[PDB]
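By convention here, the chains are lettered A, B, ... following the listed order of sequence lines. Chain A is numbered as in the PDB entry, which gives 1-301 for the residues shown. We're sticking with the PDB entry numbering for chain B, so the shown stretch reads 2-301, in order. Header lists the method as X-ray crystallography, 1.6 Å. Both counts, for ligands and for their atoms, begin at 1 and track the order of listing.
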Amino acid sequence: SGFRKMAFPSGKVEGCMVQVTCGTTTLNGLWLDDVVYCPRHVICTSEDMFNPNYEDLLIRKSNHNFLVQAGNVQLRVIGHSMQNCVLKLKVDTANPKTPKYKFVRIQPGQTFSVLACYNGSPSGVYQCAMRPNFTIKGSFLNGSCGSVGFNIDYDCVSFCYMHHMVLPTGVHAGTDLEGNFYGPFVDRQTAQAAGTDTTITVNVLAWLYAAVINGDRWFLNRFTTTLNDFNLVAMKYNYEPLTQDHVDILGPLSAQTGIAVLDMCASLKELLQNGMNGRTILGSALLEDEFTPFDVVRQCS
Amino acid sequence: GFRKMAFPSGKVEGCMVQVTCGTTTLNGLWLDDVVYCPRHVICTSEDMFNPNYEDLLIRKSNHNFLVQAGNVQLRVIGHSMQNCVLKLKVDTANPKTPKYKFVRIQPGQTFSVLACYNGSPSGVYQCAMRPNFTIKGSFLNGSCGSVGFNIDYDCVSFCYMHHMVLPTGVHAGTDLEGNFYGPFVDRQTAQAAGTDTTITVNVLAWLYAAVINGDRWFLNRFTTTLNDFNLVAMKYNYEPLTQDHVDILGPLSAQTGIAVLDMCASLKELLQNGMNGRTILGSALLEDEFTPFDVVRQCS
Ligand SMILES: Cn1cnc(Cn2c(=O)nc(Nc3cc4cn(C)nc4cc3Cl)n(Cc3cc(F)c(F)cc3F)c2=O)n1
Ligand SMILES: Cn1cnc(Cn2c(=O)nc(Nc3cc4cn(C)nc4cc3Cl)n(Cc3cc(F)c(F)cc3F)c2=O)n1
Ligand SMILES: [Cl-]
Ligand SMILES: [Cl-]
Ligand SMILES: [Mg+2]
Ligand SMILES: [Mg+2]
C-alpha cells in the first residue's frame, strides 16, 4: 500500500565516501579496495577552473599533493592516474567496507539513487532518473562534486553516476565511473546549457500502472490504441516513443492489473490532450516519469 | 531543484534484525544489547483479530523469541513489554550502534523511513506525520517493525515504528516507547483515521521556498492575525498553525524579510481566490510535505 519515490539503502556506499583535497580545492571521492575515484576537477585552482589543461595539470602533481581523509583519518596516496574525467588515486590501505560492486553506464530513462555528500560526509539520499537530455534533476549544493549515483542488485552495488557540476537551469551534469560525461558537457567552469528535454513515456505508463494498483483509476477508459498511433501523439507532446521492448517490459504490470499496455496508452493519450481537469494521480498534478517499470514492480512486490 | 531527500540510511541499516515467534515474523531494531519490535509478533494467526497481550506474553519465555541479524542468531536473555513495543535483551551489544535517542514527533514533521522485509532493508524514503496521525507511506506485507528516523549530525533520532495498514491504505505506528500515534490499537481490525487536513506550516515553508527562488507573484501587502488565519484555515480543511510552527518559520521569515503573518495573508488570499491558472515552483498544487527545516536543509 502507498507509493513513494524510494531510493536504495545507502549504507553500502556511505562506507566508501571520503574527502579529496588538492591545494585549496576539495570534493568527495569514492574509496573502493585501494583506489579512490573522484572528479579530476579537484586538481584545478581558481585560475585553472575556467579552461583547464588537465593533462599538464596532472603531470605537475605528485602523490604528496593529494590529501585523502576517511573520517578523521588520512590515507596515503601512493599513485595517481587519470581516466577521462575521473581521477584515480591509489592508497596504501584497502577499504575494509568495500561492497561487491561494478561500474555501469546507464541509459536515458533509467533511475538510480544519489548519495549527496559534502566534504566526504553523506548528507542525503534520493532517487533520480537520467533525463533524455542527459542531465539529472538532482538536489545538490556547493561541495557536492564527487557524489555518486548507484543501484543495488541483491548484494552488488552498480555505480553509474559521479556528480560534477550544476547547469544554469538548475539541473546537473556528471559522468559514469569511467569518466565519460553523460551528454555534451565538459568539466570546465563555464555556463553550459542542455538540449531540450523530453518525457520518459515508458516510465509514465509504469507510474499509471502504479496508480491503478493503489486504487487510483479515474483516468482509465474503455479504449485501446495502436503503438504507432500512440507514438504519433506522444512525439507531438515531446514524449519519448514507446518501443516494443517497452511494451514487453511493462508486461508484469499489465498482467498484474489486467490492463493491456495499449489500453493504458489510450488513457495517457487522453491525459495529454485533455489534461487532468483539476484531478490528481497519486497525489500529483503532473505526470511522473522518474519511475521505471522495474521500480514499480520492485515497490509493488 | 527540489527533491524529497531522505537521510542516509546506513546508521539504521546496521541495526535492523528479524524477530520471529513461532511462524509470526517481523522486523526489529537492535541498539546496544536490546532489540525493539512490535508486540504483535507474539500473536498467532487466530490471535491477531483480538489479542490478549498480557495472556500471550505470560506464556512466552526468552527461548520462544528468534532474533536474527542476517543469518546470525542473537540469543534472547530477557524480555519486557512497554506499551505496544516488545523489548528483548540479547547477549550481544550491537557494535554498529550509533549515537541515538528516542523522540515522539509532532503532527506535520517529516522523517526518513527505512523499509525492511525479513530484517533486510529494501528502500528509504521521506514522509510526514499527517495531522490525523497516519503516514502516507509505502509498505508491503512483512514491513511491520520498520522504523522512521531523523539524523542530526551524528545522532539518530528514532521517531516511528511501523505497525499496520489502515483500510484507506495509509499507515499507523508507534514511537519507540510503544505509544501509538493517533487513536489506533494494535489489532487486526479495520480502523478508520480522522479526516486528514493540509499541513499549513509546510505549505508556508514551500511558499517561502518559492520566494527564495524568485517566485513571488502571490505576495500581497496585507497581514493578518494568527487567530483570524487559523479560523479561516479550518474552513478550507487546513491545519491550524501552532506557536511551534510560527517559531520554525522564523529563519525563512528572516531570510526573505517577509513576516510570518504577512505570508499567512498571502496564503489566505490563495485559498479564497485560487491560483487563477498560475503555478508556484512550477506546480499547480501546494506541497505540504516539505518542512521549514527541509527547505533550510536543501536550500543552503
Ligand atoms: C551549487 N552546486 C550544485 N552542484 C554543485 C557541484 N559543484 C561543486 O560542488 N563544486 C564545484 N566547483 C568547485 C569549487 C571549489 C572551491 N573549492 C575550494 N573547492 C572546490 C571544488 C569544486 Cl569541484 N562546481 C563547479 C564545477 C565543478 C566541476 F567538477 C566542473 F568540471 C566544472 C564546474 F564548473 C560544482 O558544480 N554546486
Ligand atoms: C500490506 N501492508 C502494508 N503494511 C503492512 C504492515 N503489516 C505487516 O507487515 N504485517 C501485518 N501482520 C502480520 C502478519 C503476519 C504473518 N506472519 C507469518 N507473520 C506476520 C506478522 C505480522 Cl506483523 N500487518 C497487520 C497488522 C500488524 C500489526 F502490527 C497490528 F497491530 C495489526 C495488524 F492488523 C501489517 O499491517 N502490510
Ligand atoms: Cl562553454
Ligand atoms: Cl497575532
Ligand atoms: Mg483504455
Ligand atoms: Mg501578505
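What sits at ligand 2 is the drug ensitrelvir.
The main binding partner of ensitrelvir (ligand 2) here is, in the terms of UniProt, 3C-like proteinase nsp5. Other chains whose heavy atoms approach ensitrelvir (ligand 2) within less than 4.0 Å: A, B. Contacts between B/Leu141 and ensitrelvir (ligand 2), counted as non-hydrogen atom pairs separated by less than 4.0 Å, involve the backbone only. Among all protein heavy atoms, the one lying closest to atom 3 (C) of ensitrelvir (ligand 2) is B/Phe140 O, 3.2 Å. The shortest N or O to N or O distance between B/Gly143 and ensitrelvir (ligand 2) is below 3.5 Å. With a heavy-atom cut-off of 4.0 Å, B/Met165 touches ensitrelvir (ligand 2) through backbone and side chain alike.
At least one heavy atom of A/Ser1 lies less than 4.0 angstrom from ensitrelvir (ligand 2).
Applying the 4.0 Å criterion to heavy atoms of B/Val166 picks out, from ensitrelvir (ligand 2), the atoms 2 (N), 3 (C), 4 (N), 36 (O). Of the residues of chain B in contact with ensitrelvir (ligand 2), the majority fall within UniProt domain Peptidase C30. Counting only heavy atoms of the protein, atom 20 (C) of ensitrelvir (ligand 2) lies nearest to B/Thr25 CG2, 3.6 Å. In the candidate list B/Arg40, B/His164, B/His41, B/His41 is nearest to atom 12 (N) of ensitrelvir (ligand 2), counting heavy atoms. Shortest contact from atom 34 (F) of ensitrelvir (ligand 2) to any protein heavy atom: B/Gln189 CA, 3.0 Å.
With hydrogens left out, the protein atom closest to atom 10 (N) of ensitrelvir (ligand 2) is B/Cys145 CB, 4.0 Å, a heavy atom. Per the PDB record, the organism listed against chain B is Severe acute respiratory syndrome coronavirus 2. In terms of polar-atom proximity, B/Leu27 is not counted as a contact of ensitrelvir (ligand 2), lacking any N or O under 3.5 Å from an N or O of the ligand. Under 4.0 Å from ensitrelvir (ligand 2), the heavy atoms of B/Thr24 that appear belong solely to its backbone. Among B/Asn142, B/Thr26, B/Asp187, the residue whose heavy atom lies nearest to atom 1 (C) of ensitrelvir (ligand 2) is B/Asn142. The heavy atom nearest to atom 4 (N) of ensitrelvir (ligand 2), considering only B/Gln192, B/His163, B/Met49, B/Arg188, is found in B/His163.
The binding-site residues for ensitrelvir (ligand 2) (non-hydrogen atoms, 4.0 Å) are A/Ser1, B/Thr24, B/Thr25, B/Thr26, B/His41, B/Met49, B/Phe140, B/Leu141, B/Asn142, B/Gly143, B/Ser144, B/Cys145, B/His163, B/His164, B/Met165, B/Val166, B/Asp187, B/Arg188, B/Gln189.
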